[PDB]
Q: 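Hey, got a structure here with daraxonrasib, can you help?
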Amino acid sequence: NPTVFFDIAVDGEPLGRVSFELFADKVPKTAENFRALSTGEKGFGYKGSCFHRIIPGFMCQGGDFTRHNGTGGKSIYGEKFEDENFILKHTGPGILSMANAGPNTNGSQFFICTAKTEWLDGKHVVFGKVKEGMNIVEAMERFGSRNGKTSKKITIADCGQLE
Amino acid sequence: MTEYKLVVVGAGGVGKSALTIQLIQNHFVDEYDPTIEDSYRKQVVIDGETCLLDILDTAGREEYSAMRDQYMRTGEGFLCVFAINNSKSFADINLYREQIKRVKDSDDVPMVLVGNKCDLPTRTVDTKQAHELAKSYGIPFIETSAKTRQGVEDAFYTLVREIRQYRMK
Ligand SMILES: CCn1c(-c2cc(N3CCN(C)CC3)cnc2[C@H](C)OC)c2c3cc(ccc31)-c1csc(n1)C[C@H](NC(=O)[C@H]1C[C@@H]1C)C(=O)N1CCC[C@H](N1)C(=O)OCC(C)(C)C2
Ligand SMILES: Nc1nc2c(ncn2[C@@H]2O[C@H](COP(=O)(O)OP(=O)(O)NP(=O)(O)O)[C@@H](O)[C@H]2O)c(=O)[nH]1
Ligand SMILES: [Mg+2]
């Protein structure tokens, strides 16, 4: 399974690095999308994008690199792609899962759980987990709010694939 | 200055946010941007009196219907929105009205029925059906387009008038 990293910044100041294991062995198409978006190798991707919705107690959501407002993003396969499978569940903090607009509408937006969110099981494709830097994700929560609006700009200052 | 707590409810995608953003920000964005929840404040003049509107824009998500009760308790009047091209959203109106009635323990709750998206040519809910539903509730019915602004101020101001009449008693 490949590993990718995000270097997180808060209003342009470094916070730290989060790395993720991507479950290519169970969800290869979905893992590959996130991997390629993390490297930028298709000519577009996560670098420079923000976490537009942070709700403490639930999750941190980001991945809109096209409109930068929470409505955009695109996959490496087209605007949207189908739900690969729902094998993996939202079991607790650190789970990495796809945002969507309903069935079969995966793009680039994703979320990192900060708690168990079992009512999302079967609706969002889980495809990875935080490997290192969960402390960083925990630290991001204070910049969110009940409706998710952030009080500082939380950005992916850099991202890529690790050896 | 009198404050009015308005809550905009209805099925997902009917245009609750588009209506609210038109009122607050005077523009329309043609994007899929589902709401979590948002609160807005706006001062207006209605029938010659300064009113302060506190507007809660809510998510239309059946999977979170239990989360509605808390804001139904606090809200003073409800804009109940359906889309004129979505017959399911028109049926869903009754679920919201029943929930408001049960949470607030009253048949007298200020409400306005709003049929949105009246700029679209292909209508599936006829005005006769909507008028008869509003009449059966004893509440006003207003047709709107958040896209063109048609009826938008009328919908919110009519709801304030319903609250104002309720408070007179
Ligand atoms: C009722 C209030 N509410 C609530 C809610 C729910 C609870 N509980 C439910 C579970 N029980 C057991 C306990 C109580 C408590 N407190 C609140 C909030 C804090 O009260 C304000 C949620 C929510 C989600 C949406 C709308 C309203 C909503 C929504 C609106 S778009 C959406 N979901 C799905 C979202 N697609 C997009 O962004 C699309 C546009 C892009 C392309 C999406 O893929 N993801 C990823 C997964 C998480 C989801 N976003 C999201 O943000 O979930 C927020 C969360 C707080 C987890 C749930
Ligand atoms: N043609 C037209 N489209 C409209 C109108 N009002 C909203 N829309 C469109 O319908 C879609 C849903 O609108 P939106 O206001 O986000 O709906 P909502 O009721 O707030 N949805 P949610 O409950 O998920 O927050 C958007 O694409 C929006 O541009 C309208 O009056 N006319
Ligand atoms: Mg909305």
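Alphabetical chain letters, starting from A, follow the order of the sequence lines given. Chain A is numbered as in the PDB entry, which gives 3-165 for the residues shown. Residues displayed in chain B correspond, in order, to the PDB entry positions 1-169. Values below: every heavy atom of this structure, side chains too, minus hydrogens, waters and symmetry copies. When a ligand or atom number is given, it counts from 1 through the structure's own listing order.
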Q: Point out every copy of daraxonrasib in the model.
A: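 Counting every copy, ligand 1.
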Q: Supply the name from UniProt of whichever chain has more contacts with daraxonrasib (ligand 1) than any other.
A: Peptidyl-prolyl cis-trans isomerase A, N-terminally processed
Q: Can you tell me which other chains reach within 4.0 Å of daraxonrasib (ligand 1)? Heavy atoms only, strictly under.
A: A, B
Q: Just wondering, which residues come within 4.0 Å of daraxonrasib (ligand 1) on a heavy-atom basis?
A: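 With heavy atoms under 4.0 Å, it is A/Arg55, A/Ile57, A/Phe60, A/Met61, A/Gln63, A/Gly72, A/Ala101, A/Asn102, A/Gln111, A/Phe113, A/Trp121, A/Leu122, A/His126, A/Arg148, B/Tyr32, B/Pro34, B/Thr35, B/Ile36, B/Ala59, B/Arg61, B/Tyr64, B/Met67.
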Q: What is the nearest protein non-hydrogen atom to atom 23 (C) of daraxonrasib (ligand 1), stated with its residue, atom name and distance?
A: B/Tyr64 CE1, 3.4 Å
Q: Name the closest protein heavy atom to atom 46 (C) of daraxonrasib (ligand 1), giving the residue it belongs to and the distance to 0.1 Å.
A: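 Checked against all protein heavy atoms, atom 46 (C) of daraxonrasib (ligand 1) sits closest to A/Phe113 CD2, 3.3 Å.
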Q: Distance under 4.0 Å to a non-hydrogen atom of A/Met61: what atoms of daraxonrasib (ligand 1) satisfy this?
A: 51 (C), 52 (O)
Q: Heavy-atom contacts with B/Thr35 under 4.0 Å: which atoms of daraxonrasib (ligand 1) show up? List them by number with element.
A: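 So the answer, numbered in order with elements, is 26 (C), 27 (C), 30 (C).
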Q: Got an N/O contact under 3.5 Å between A/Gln111 and daraxonrasib (ligand 1)?
A: no
Q: Please could you name the atoms of daraxonrasib (ligand 1) that B/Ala59 approaches to less than 4.0 Å, counting only its heavy atoms?
A: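 In order of numbering, the contacting atoms are 26 (C), 27 (C).
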Q: When only distance counts, is A/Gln63 in polar contact with daraxonrasib (ligand 1), meaning an N/O pair under 3.5 Å?
A: yes
Q: Using UniProt domain boundaries, which domain of chain A contains most residues that touch daraxonrasib (ligand 1)?
A: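 According to UniProt, it is PPIase cyclophilin-type.
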Q: Organism of origin for chain A, per the PDB?
A: Homo sapiens
Q: Specify how the entry names chain B.
A: GTPase NRas
Q: For daraxonrasib (ligand 1), is there an N or O atom under 3.5 Å from any N or O atom of A/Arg55?
A: yes
Q: Of all the atoms in daraxonrasib (ligand 1), which lie at a distance below 4.0 Å from a heavy atom belonging to A/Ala101?
A: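 So the answer, numbered in order with elements, is 43 (C), 44 (O).
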Q: Do me a favour and list the nearest non-hydrogen protein atom to atom 18 (C) of daraxonrasib (ligand 1) with residue, atom name and distance?
A: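 Among all protein heavy atoms, the one nearest atom 18 (C) of daraxonrasib (ligand 1) is A/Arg148 O, 4.4 Å.
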Q: What are the distances between nitrogen or oxygen atoms of daraxonrasib (ligand 1) and protein nitrogen or oxygen atoms, counting only those under 3.5 Å?
A:
unit_1	atom_1	unit_2	atom_2	d
daraxonrasib (ligand 1)	36 (N)	A/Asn102	O	2.9
daraxonrasib (ligand 1)	38 (O)	A/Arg55	NH1	2.9
daraxonrasib (ligand 1)	38 (O)	A/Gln63	NE2	3.0
daraxonrasib (ligand 1)	44 (O)	A/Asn102	N	2.9
daraxonrasib (ligand 1)	44 (O)	A/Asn102	O	3.3
daraxonrasib (ligand 1)	45 (N)	A/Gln63	OE1	3.4
daraxonrasib (ligand 1)	50 (N)	A/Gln63	OE1	3.0

